[PDB]
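Ampicillin (open form) bound to Metallo-beta-lactamase type 2.
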Protein chains: 2
Amino acid sequence: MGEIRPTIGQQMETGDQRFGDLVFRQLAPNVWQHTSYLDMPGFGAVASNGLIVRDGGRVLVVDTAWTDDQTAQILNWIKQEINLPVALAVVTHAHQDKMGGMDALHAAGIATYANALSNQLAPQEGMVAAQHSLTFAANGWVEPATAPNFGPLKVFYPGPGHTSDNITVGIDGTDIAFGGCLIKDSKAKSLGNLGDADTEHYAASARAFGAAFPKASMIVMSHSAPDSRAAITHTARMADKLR
Amino acid sequence: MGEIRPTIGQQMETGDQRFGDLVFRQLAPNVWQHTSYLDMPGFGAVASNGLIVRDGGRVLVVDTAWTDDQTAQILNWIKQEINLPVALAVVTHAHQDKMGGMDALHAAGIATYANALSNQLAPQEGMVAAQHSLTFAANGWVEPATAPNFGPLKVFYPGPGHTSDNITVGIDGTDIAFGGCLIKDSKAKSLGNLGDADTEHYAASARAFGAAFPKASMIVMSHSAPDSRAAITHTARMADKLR
Ligand SMILES: CC1(C)S[C@H]([C@H](NC(=O)[C@H](N)c2ccccc2)C(=O)O)N[C@H]1C(=O)O
Ligand SMILES: CC1(C)S[C@H]([C@H](NC(=O)[C@H](N)c2ccccc2)C(=O)O)N[C@H]1C(=O)O
Ligand SMILES: [Cl-]
Ligand SMILES: [Zn+2]
Ligand SMILES: [Zn+2]
Ligand SMILES: [Zn+2]
Ligand SMILES: [Zn+2]
């Protein structure tokens, strides 16, 4: 009873934990997926997924929820279920699904990180910029000095795709990588919103993500349930059709 | 060059005809799918599909476009490219994607038909009601006296599903059946907007549609490309998980 059934996004499944207006799903002993819903009048809810990672003695969050209130709820769930400090949050680009609740993280005193470009785009996108800017080498790997204390979070800029600023994250010592809005599931009919997409480079960016995290057998993404690596292949092949 | 790439909906394929803001795809010698697009700010375009059917010296339309202007463009295209008059339109329920262009039909002097219930709901939905009401037998088939001169349009009310009023249409003399917004594609991760849905009866209504048109191999639907019968059965499996 009382199930959120989104118009866009995966439906609730056995194992999912309802907490307020959000859903949490444990993916590994120290990794959970957060799911928040934006209700659009006349259309219904759009689900958006991120990650919560317990690494040693702290929690690391990948992506905010759509709103400040939802993101405050994520922090309350973390406090309740895990009860370790949230050391940092990383956001995967400057769109509402990934960065809409930044004020809730800052209110909580949590150090926030995004691609420098995401921070530069934030004002234009109506997002609040993160505190800190990540920069990247020519091979796409984050410059370690800009990602202090990230631990198992390996951050990779795969090239422009869904947006110019999109980044991805692998979780060292797990079989999980996070593709955000760049990677769609292996059964997806479309690449979602292409309004900011780099149609020429998307395919290579998708394949670069797969090459960056060869250990990841569980691919987590923003608007589908976790999938196999066929998500990457299928995303790239869809993207091949754009060029 | 200059393709519409919707966020929700089929992509452009070889053979598609771009005409202003619309796309037409021939599905059979005497059947075309019309596609119109609604821009959702921040989300991108949402495709909606209906049908154009040639029956001898006249054309029959299933569903309006999202808007009056788009719907006027469909009528221009029928007039200019098919060169036959529209005898009537049948609209498949009282939402914008299916009925948002009613006034353009009426201004063109075209007789319109909808489920009586659709006409009753239309003003509550800000839609213009069709000029004529269809009624249905206890087994779902349209009452012939309410659908005069429908030629090959075989109208079936499958039961409440996507909405209480949703209707479906088979094309006699073809292997095509139209499920409107009731049926989702064979690989859909969701049933779309369930806000007005009858979650108890959806699965049986989807199966009723399949059973009404048991030989139809091409299943046309509102927001994806024409699919196999697995669209019907997958839709019913997804609906089974609502109950
Ligand atoms: C799910 C989307 C089609 S919408 C989302 C993003 N858009 C937003 O966060 C918008 N603020 C939004 C507006 C209206 C409804 C939903 C989202 C984008 O444009 O990439 N990510 C897209 C995607 O991941 O393909
Ligand atoms: C594509 C949709 C998810 S939206 C559409 C319909 N919604 C409308 O026509 C609304 N007027 C609308 C409002 C905002 C944005 C888009 C559509 C509905 O509620 O069934 N059909 C839905 C569906 O077929 O599942
Ligand atoms: Cl319920
Ligand atoms: Zn985005
Ligand atoms: Zn997204
Ligand atoms: Zn509808
Ligand atoms: Zn629809």
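Chain identifiers are assigned alphabetically from A in the order in which the sequence lines are presented. By the numbers in the PDB entry, the shown part of chain A spans 28-270. Throughout, chain B uses the PDB entry numbering, with the displayed residues spanning 28-270 in order. Atoms within a ligand are numbered from 1 in the order they appear, just like the ligands themselves.
The location of ampicillin (open form), copies and all, is ligands 1 and 2. The letters of other chains with a heavy atom under 4.0 Å from ampicillin (open form, ligand 1) are A, B. For atom 16 (C) of ampicillin (open form, ligand 1), the closest heavy atom belonging to the protein is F70(B) CD1, 3.7 Å.
Between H120(A) and ampicillin (open form, ligand 1), no N or O atom pair is found at a separation short of 3.5 Å. Given atom 1 (C) of ampicillin (open form, ligand 1), the protein heavy atom at minimum distance is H250(A) NE2, 3.2 Å. Here the protein heavy atom with the shortest distance to atom 5 (C) of ampicillin (open form, ligand 1) is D124(A) OD2, 3.4 Å.
The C208(A) neighbourhood of ampicillin (open form, ligand 1) comprises atoms 24 (O), with distances under 4.0 Å to a heavy atom of that residue.
In the vicinity of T34(B), heavy-atom distances shorter than 4.0 Å reach the ampicillin (open form, ligand 1) atoms 3 (C). Between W93(A) and ampicillin (open form, ligand 1), no pair of N/O atoms sits closer than 3.5 Å. In this structure, atom 14 (C) of ampicillin (open form, ligand 1) lies nearest to the protein heavy atom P68(B) O, 3.6 Å. Looking at atom 12 (C) of ampicillin (open form, ligand 1), its nearest protein heavy atom turns out to be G69(B) O, 3.5 Å. Counting only heavy atoms of the protein, atom 11 (N) of ampicillin (open form, ligand 1) lies nearest to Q123(A) OE1, 2.7 Å. Source organism of chain A in the entry: Klebsiella pneumoniae. Taking atom 18 (C) of ampicillin (open form, ligand 1) as the reference point, the nearest protein heavy-atom neighbour is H122(A) ND1, 3.3 Å. The nearest heavy-atom contact from the protein to atom 25 (O) of ampicillin (open form, ligand 1) is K211(A) NZ, 2.9 Å. Residue contacts with ampicillin (open form, ligand 1): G219(A) is placed with no nitrogen or oxygen under 3.5 Å of a nitrogen or oxygen of the ligand (distance criterion only).
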